[PDB]
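Each chain is given a letter, A onward, matching its sequence line's place in the list. In order, the residues displayed for chain A correspond to 278-601, 626-746 in the PDB entry numbering, which applies throughout. Chain B is numbered as in the PDB entry, which gives 278-601, 626-746 for the residues shown. By the PDB entry numbering, chain C shows 278-601, 626-746, in order. Quick note: numbers on chain D are straight from the PDB entry, i.e. 278-601, 626-746, in order. First listed ligand is number 1; within each ligand, the first listed atom is number 1. Header lists the method as electron microscopy, 3.1 Å.
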Protein chains: 4
Amino acid sequence: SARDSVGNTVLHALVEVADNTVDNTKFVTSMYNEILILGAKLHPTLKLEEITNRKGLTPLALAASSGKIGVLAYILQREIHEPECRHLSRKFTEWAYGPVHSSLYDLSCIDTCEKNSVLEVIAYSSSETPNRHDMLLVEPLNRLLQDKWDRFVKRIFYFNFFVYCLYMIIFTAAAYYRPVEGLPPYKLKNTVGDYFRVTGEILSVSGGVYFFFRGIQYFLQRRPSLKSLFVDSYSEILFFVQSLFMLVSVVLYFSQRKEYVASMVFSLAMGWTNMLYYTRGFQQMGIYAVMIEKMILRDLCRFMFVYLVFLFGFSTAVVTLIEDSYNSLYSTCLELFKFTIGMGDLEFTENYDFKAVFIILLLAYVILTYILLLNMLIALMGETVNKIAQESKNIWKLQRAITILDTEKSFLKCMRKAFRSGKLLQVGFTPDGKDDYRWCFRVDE
Amino acid sequence: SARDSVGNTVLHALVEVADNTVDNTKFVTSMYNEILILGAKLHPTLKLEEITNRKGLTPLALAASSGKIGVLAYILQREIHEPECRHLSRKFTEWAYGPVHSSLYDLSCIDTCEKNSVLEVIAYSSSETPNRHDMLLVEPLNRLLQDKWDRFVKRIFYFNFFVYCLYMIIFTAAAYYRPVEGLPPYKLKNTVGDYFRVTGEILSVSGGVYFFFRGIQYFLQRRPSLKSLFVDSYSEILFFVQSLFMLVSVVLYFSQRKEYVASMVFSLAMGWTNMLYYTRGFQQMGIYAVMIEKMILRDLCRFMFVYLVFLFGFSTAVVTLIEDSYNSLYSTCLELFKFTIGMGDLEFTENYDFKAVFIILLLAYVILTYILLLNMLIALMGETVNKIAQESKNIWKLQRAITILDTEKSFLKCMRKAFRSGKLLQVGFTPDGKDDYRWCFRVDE
Amino acid sequence: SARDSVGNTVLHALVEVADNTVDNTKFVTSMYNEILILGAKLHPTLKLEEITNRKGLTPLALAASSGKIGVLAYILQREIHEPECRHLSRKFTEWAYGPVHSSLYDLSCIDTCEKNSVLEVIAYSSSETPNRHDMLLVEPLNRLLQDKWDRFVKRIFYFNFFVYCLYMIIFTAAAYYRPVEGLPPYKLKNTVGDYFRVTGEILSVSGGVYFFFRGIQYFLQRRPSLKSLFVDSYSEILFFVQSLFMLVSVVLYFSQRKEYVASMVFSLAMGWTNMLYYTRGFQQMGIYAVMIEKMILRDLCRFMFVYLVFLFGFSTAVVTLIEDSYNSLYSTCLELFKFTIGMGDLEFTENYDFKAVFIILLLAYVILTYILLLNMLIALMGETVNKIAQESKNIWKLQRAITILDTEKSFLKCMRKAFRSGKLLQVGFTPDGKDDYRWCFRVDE
Amino acid sequence: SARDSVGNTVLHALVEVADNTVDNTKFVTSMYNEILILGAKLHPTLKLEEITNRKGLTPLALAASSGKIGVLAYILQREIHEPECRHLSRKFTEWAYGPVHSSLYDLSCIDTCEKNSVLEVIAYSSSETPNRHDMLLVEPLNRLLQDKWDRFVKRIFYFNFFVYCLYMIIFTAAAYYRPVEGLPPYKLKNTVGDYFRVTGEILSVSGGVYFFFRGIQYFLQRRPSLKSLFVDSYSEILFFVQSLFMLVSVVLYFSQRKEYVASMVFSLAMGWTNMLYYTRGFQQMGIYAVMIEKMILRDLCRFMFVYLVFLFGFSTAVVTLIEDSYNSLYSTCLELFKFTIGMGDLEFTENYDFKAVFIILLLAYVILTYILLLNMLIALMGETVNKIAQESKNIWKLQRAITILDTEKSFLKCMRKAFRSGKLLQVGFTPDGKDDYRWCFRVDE
Ligand SMILES: C=C(C)[C@]12C[C@@H](C)[C@@]34O[C@](Cc5ccccc5)(O[C@@H]1[C@@H]3C=C(COC(=O)Cc1ccc(O)c(OC)c1)C[C@]1(O)C(=O)C(C)=C[C@@H]41)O2
Ligand SMILES: C=C(C)[C@]12C[C@@H](C)[C@@]34O[C@](Cc5ccccc5)(O[C@@H]1[C@@H]3C=C(COC(=O)Cc1ccc(O)c(OC)c1)C[C@]1(O)C(=O)C(C)=C[C@@H]41)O2
Ligand SMILES: C=C(C)[C@]12C[C@@H](C)[C@@]34O[C@](Cc5ccccc5)(O[C@@H]1[C@@H]3C=C(COC(=O)Cc1ccc(O)c(OC)c1)C[C@]1(O)C(=O)C(C)=C[C@@H]41)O2
Ligand SMILES: C=C(C)[C@]12C[C@@H](C)[C@@]34O[C@](Cc5ccccc5)(O[C@@H]1[C@@H]3C=C(COC(=O)Cc1ccc(O)c(OC)c1)C[C@]1(O)C(=O)C(C)=C[C@@H]41)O2
């Protein structure tokens, strides 16, 4: 039961030295196996893998968190059937048929840990985990998540998506049929239309408060950092910001400001786009939402900086050039923006001098932006998509895993009765003269 | 002549265990050689391949249907020239020249089977068959398809395409010169122009009925399932829907509804587009038609969901924002759609408050859809084509095979004289003192 | 001097059996060595390589023509320095330094053959020649083409390009300042402007006649076939068609038809775009002209068929739908075309019924063409360009070779004094007691 | 201390014969190591590496300049610990831990050489250097660049970028609020607004003069040639051109010309665009600036030639065709340009005859340019990016290196206190009884 200065034991050290190469994988797995067996023989009373570091991470949890696929895949699929060693086996084989094995896996601290489980550390990783997307392909995790999806989570997720659709329809109806008199709040009339509208407004604000508190719960439970605040937590941030716009709309509504509409429409717009959160977790249709997240966070910042540099530079040049209607910098910025959307006039004003200078500026602007910068954006998108589609293919599973964990955490029964299988003695051997059962889960493959 | 619970013999089991890898192919090949020789020696009177499974599939038909290209390539190119074994040979070599062999192939259950032939099961596969595109490159099948194409089917196909062109020209003329009086049906006038118009309408409806019954015949013969209804049968579904629009147009025409025009134009719009069906089967020009069938079935659903989520979200936000002409959600949806086609005004109304909110909403919509989502679609399509052009290169041949089989099934002569080859005694050895001929087919290659 | 049943020599058989694979290349090389040595020993009086096949091609010319790059590379780089074998060597080494060799090559039947040379057959190939792009990288051919380029051809080519630019400027000026009175021809006034205009017209027609006769000379010398008329001869066809439009313009001008303008502008348009012919042969800028040729001949036919099917189908549907401006099929075709160029109105007429049907037709047309068909075009172009840029990189050199051969064939001095090198005795050994000189060409590489 | 016929030492010859292949790397490395040791044994008093070639380049500086990455990596990472040989080692190992080494590097002639340092030659290369992108990843150079970045250069660079932002804001404000009276210069009024305006103008011209003299200093220090003037020096050329426009604006302003505005706006349009120079050196956002540089220098020339050939040809054809408002060639050129930006009318005039000819010309122009040429540009850009993204990844670091060297060279303190580390005796052994210290630099890696 040795420990290091950080508080971790030797098995954590074996995890850390991993780098997921073939020879490193062989070395680390062999050292893990041998040291664990030796620890069993010297101290059969005390298990090493139960020992956490100062961060409360077991070697399995550290291997999962740090993105070590060789180590995690070894540990989760570690079958030990030797004398005085079976009692630390992670999995077993009941039926040893040729094409198919009826393996049984111990799910201790993989679903329920009460500190942090393998699924929890994988799904709630910091996004720096190099193999988190492929880490769930490890047999017990893949089959466990698929089982939990089909068992109860699929229905709950579809119900939540349906309810969100109802919420957005109600919100859209309540906002669309908003009153057009001045100075809110608006007195209710006894007509049924006002009762339906105010019910819609109340449900809209109720959903806003729900998402607001859900966002707070997420941020408090996760405590993310600014450096990775948007790289992770993107969907939760968008839902939280939607709720923020809803609540600012409520404040302005009861503060007697027309500007409540200014907030409400944004929330409404955000609300509909937030339906893409529910498309993630579908392999067929979730690709676009993941790519939108990735491109907005990664690619849109640099492109928009360059594009705005071009647009502002040429807009300032043009608005300087003209003199007298379009003399504002805003109008010129909009006119130069129109070229991007294929609606630039290319002679939008005569009130100026030096025709050649003006047309040269506009031609250079459209060549640089419309013909060149946009096509360069397309080229970079083509390259990066060609590289990352294979990653999005697994971001599917990763988001489904997050969904499963969130559903288990809520669960709406005030209980954690979400276990799958196991009612009989599992191991058949202990260092003592007893037997143990640790939530055996069967995988036929 | 052992059998299993489904009724299938050991050869079907040898097919099922295949996975088209090199070592597996060698294993199944060797097992086939051993079991066939044993069948010859123990039961020369009993054929193994004639045995069908529960679904009426022979081992050859199962190998073809299940997409086991290695096993099928072995079986169709199986040359046996050993004592007391030649009688099970599938092919022979008459001329053993250096660069070229005059191979001779058996066509039993290749074109005529009376249950289901190799060409029938390959062509009418469920599209999940992993090797359907490349499976027809197996030498006897490729040569059979090319031979039957050049011999009879090429002329018949071009005639059918020409007749369909005549049908669409007649339909276009009859619809274009429709009368403009009220309340159909319209009385035939004695002028020759109206005689031609009514003849064109009659031929148009006649072709509609023809395609309607052809669609019914297809659905009854194939019995497609909902899960694979569109990935297979796409062209037949489109022709059937065209005919459905034509027949609804006829009903509305004789039901005294102007709305018949609404159906007729759709059928017309479908009919010309359905000419792309005839474009498939030409290696050069078919590439778009195939791609269209793919891009609609795979890419359009998800893209249109995301695009409509963005469009509806920002459209309902904008229509909420404006107040007073454009106040309907439909008009705002169209105005925001116009940005996609490069015709968005970006100031299409002044009737609102909070100009900053309105322009921010429109700019965000433009960036999310026009710049990001459309270019993302382009990126994904580029990646997809980069991956799938090599498969389209052969789905050309697959569609030509479907054309050949349909032409043979119709054949319009009240006969089944559609065999490919064979006029000479073939085998040279039987376990009895006789000889056999089984439609010998020559391949000089 | 062995021959086959057709009368071609065994060397021609060795060329024909080649397939440019490594083992085949080694086999044919060894057979060439053996047969050439045997020819030297048995019949030193008569050389094998001089004997032509039935088509009048030598084995070197056949190897070049048929695209057997390994055989040609072997032959042209064949150094033989053995007893009683030097006299048939193709090349030598004067300075055998480590990093560099001063190789010396025989140019027999490389530039001057009087039947067909290696450069002539490579440059004037059928475009199916698999290695024509890389075949000119064989050391003596690449060095000779570069030598001819730098020596005299580059100046002549740039002079011709400059003169063509002058011709097009003159043609543009003469056409731009055409008279606007009725019923040509136009009587000259004594003003200087008319004299300059008629001089420009005379030079324009003179250039037209020049290009007409050059096209005829090309077609007579090459005798291209319809199946490969455009895959080769594309630039010459375009120049010929330009000249045809010019001559039709002349006929209409003197036939008292205003329609001469209709022809002239087409020639003028072609006359400018044909400058891209001179762009080929420059590595930096010749990429676009090559790709325009390739895409028009390969990709534009099928894309335009599919696009016109969509456009015509939906245009006919829409023009059927509307009733009463825009009621012609031409106007509707133009309005639907405008969507492709980002200028579709999407409500271009109110004179119709069934708003939903009309807008559904237009939206479906937009999605099918503007969003899908154009993006599928882009995807296919991306794929094919990713595959063929490496071939364009060398068709640069191929077009330069064609330019060099054309310049030699003209040469503008009434002579053929276009030899590259050699003024000294070359071989040093003959089967007789003499010595020979065969245009030695030196390469320091 | 032997030399060759050029006067360069044997080590320069060893550098020249390198080609960065593995076997060549071993060959040259072994010969270099052995000859250096032999030089130590025979002439320990005189070092070989310090000796320059005719161009003033040491073998290290030549290896860096000529792009021989293997030789440079070996030399910079050359450790010798043998008797009478360790005194010429380039680096040492202080701590020989397993996963990490505390290497110690000698920086002689890496930052300061007084003829040519490694950083100077790499950063100020001619852009033909094949390995300049990856050459800075050699351990001591990468660590030096990162150290100098974090130590003092990062703050100085961000300060300069901030000051340039302030300069452009001041320039934009001064130009935007230019007076609108006639005939400059404009008399200064005593109102505060005009004092701020004239202060902004003075600061704008001051910055222009600063950038003018900085450009002159760059061109004098580098003395670039026309053939590589733009592939290198691109940013410096753009800053110089901005300053030239500013100074021409000053001359016209004091020359009593309104046309000063024509220059000033260009400088303004230049200046904002030149902010992209500062995006290089940030990995995330510097990709677009590098891509735009490469695109403009490589692809834009050929694309614009082909595009302008098409545009001018069809504009001349159309302007010839029309007759009577659009009759100028400029107006027709603009109308045909509008198709490129998605705003072509396709019936912009009726003043012609032969509508079919006019529309055919415009449709052909659209298909050739809008559909084919632009999408061809997209395809080529996609392929280009696919190949060159890996180059841009390191061009980031290369431009950061240029920034570091420029900051050290200017440094604005009248001092050169920009050394990294080293205050103790370094070598520990010399052929004499002495010891030496040469700016020992530590790398823990
Ligand atoms: C906090 C992030 C960074 C974000 C929040 C708002 C402001 C947002 O602008 C962005 C920045 C932006 C602004 C304008 C155009 C593009 C991007 O992108 C998102 C954010 C961008 C989106 C588009 O991305 C999505 O919401 C789709 C989505 C994909 C995957 C998901 O997991 C998801 O979870 C909800 C949502 C939609 C907006 O919320 C929206 O509808 C409005 C009016 C602006 C978009 O900021
Ligand atoms: C049943 C399928 C799914 C389909 C039937 C109709 C409604 C269709 O809309 C689609 C959905 C759609 C609607 C609007 C835009 C794009 C797609 O696509 C096809 C279908 C889509 C097509 C485009 O695809 C093709 O038919 C070309 C084609 C390619 C390959 C083939 O083998 C083929 O066989 C006929 C046809 C044309 C339409 O029939 C048409 O002309 C109209 C007005 C709508 C198109 O539904
Ligand atoms: C004979 C060929 C096939 C061709 C001849 C004419 C009709 C042409 O239309 C085409 C078909 C066409 C029509 C409309 C749009 C695109 C293509 O393409 C070329 C041909 C297409 C071209 C574009 O291709 C080029 O001429 C550039 C070029 C590239 C490489 C070359 O080696 C070259 O040699 C001259 C020319 C320009 C036109 O001649 C032109 O300017 C007009 C008015 C129509 C074009 O027919
Ligand atoms: C000397 C070069 C070749 C150049 C100088 C001027 C004329 C320039 O036109 C170009 C040619 C040109 C003209 C019109 C459209 C595109 C390109 O490109 C640049 C040059 C092109 C650019 C766009 O490229 C950039 O300057 C961004 C940039 C990227 C990377 C950098 O390291 C950088 O350093 C400042 C700048 C902007 C202009 O200076 C500009 O704002 C105007 C009005 C024309 C552009 O000439």
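At ligand 3, the drug present is resiniferatoxin.
In this entry, the other chains with a heavy atom less than 4.0 Å from resiniferatoxin (ligand 3) are C, D. Measured between heavy atoms, the transmembrane segments of chain C lying under 4.0 Å from resiniferatoxin (ligand 3) are, by UniProt's N-terminal count, 3, 4, 5.
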